[PDB]
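Below: the structure, in structure tokens.
Along the sequence shown, residues are numbered consecutively beginning with 1. Order of appearance sets the numbers: ligands from 1, and atoms from 1 within every ligand. All values below were derived from every heavy atom in this structure, side-chain atoms included, with hydrogens, water molecules and symmetry-related copies excluded.
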Amino acid sequence: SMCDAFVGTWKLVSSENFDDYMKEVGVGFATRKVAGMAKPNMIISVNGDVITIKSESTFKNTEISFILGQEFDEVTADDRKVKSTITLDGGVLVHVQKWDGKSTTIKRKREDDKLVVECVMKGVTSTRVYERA
Ligand SMILES: O=C(O)c1ccccc1-c1c2ccc(=O)cc-2oc2cc(O)ccc12
Ligand SMILES: O=C(O)c1ccccc1-c1c2ccc(=O)cc-2oc2cc(O)ccc12
């Protein structure tokens, strides 16, 4: 399917304005500095209708499994317990995280041989680029 373009192993190669985006999300100082340093590997896989996104770094190891359009519980190292929904909108994986009446969007798009990640929170944008690993 269309998810196959996202499937594979990805390595973080560039990050821009991630600290200012995490500040705007409400991420604490210690967690921002820890997350800001990490150069994660990201494994995106598909099994039936279930999408798995595994991240691996010196900071942590995370795993989320989900069905497109089906809301799920996601864990974060901040004062936020989030309800997330991931949908596929015209080739773009749109990840909406909602907590305490607020929301942030993480968009992933395929550009050349890269996975371009756009994170938006109340006008503050961070761009992160991954390459195939
Ligand atoms: O994938 C990202 O780069 C990302 C962008 C905005 C907010 C969080 C992340 C992020 C993750 C988002 C979803 C997920 O399933 C796993 C993530 O893992 C990350 C690991 C990091 O070191 C650092 C960042 C992440
Ligand atoms: O919140 C975390 O556990 C975390 C810790 C280290 C590196 C990245 C994250 C991180 C996420 C990790 C996994 C995940 O599924 C979602 C994450 O979302 C984040 C969002 C932030 O604003 C800021 C950070 C994250």
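For ligand 1, the correct option among indisulam, peramivir, Targretin, fluorescein is fluorescein.
The chief contact partner of fluorescein (ligand 1) in this model is named by UniProt as Fatty acid-binding protein, adipocyte. Residue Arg128 approaches fluorescein (ligand 1) through these ligand atoms, each under 4.0 Å from one of its heavy atoms: 2 (C), 3 (O), 23 (C), 24 (C). Listed by atom number, the atoms of fluorescein (ligand 1) under 4.0 Å from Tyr130 heavy atoms are 1 (O), 2 (C), 3 (O). At least one heavy atom of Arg108 sits closer than 4.0 Å to an atom of fluorescein (ligand 1). Short contacts between fluorescein (ligand 1) and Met42, defined as distances under 4.0 Å to a heavy atom of the residue, involve ligand atoms 1 (O). Using a 4.0 Å cut-off to heavy atoms of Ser55, the atoms of fluorescein (ligand 1) that qualify are 16 (C), 18 (O), 20 (C).
In chain A, UniProt fatty acid-binding residues less than 4.0 Å from fluorescein (ligand 1) by heavy-atom distance: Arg128, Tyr130.
Which parts of fluorescein (ligand 1) touch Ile64 is read off a 4.0 Å heavy-atom cut-off, strictly below it: atoms 15 (O).
Short contacts between fluorescein (ligand 1) and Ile53, defined as distances under 4.0 Å to a heavy atom of the residue, involve ligand atoms 15 (O).
Residue contact check: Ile106 has heavy atoms under 4.0 Å from atoms 6 (C), 7 (C) of fluorescein (ligand 1).
Heavy-atom contacts of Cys119 reach the following atoms of fluorescein (ligand 1): 5 (C), 6 (C) (cutoff under 4.0 Å). Applying a cut-off of 4.0 Å to heavy atoms, one finds the binding site of fluorescein (ligand 1) to be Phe18, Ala38, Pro40, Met42, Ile53, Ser55, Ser57, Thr62, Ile64, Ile106, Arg108, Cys119, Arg128, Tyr130.
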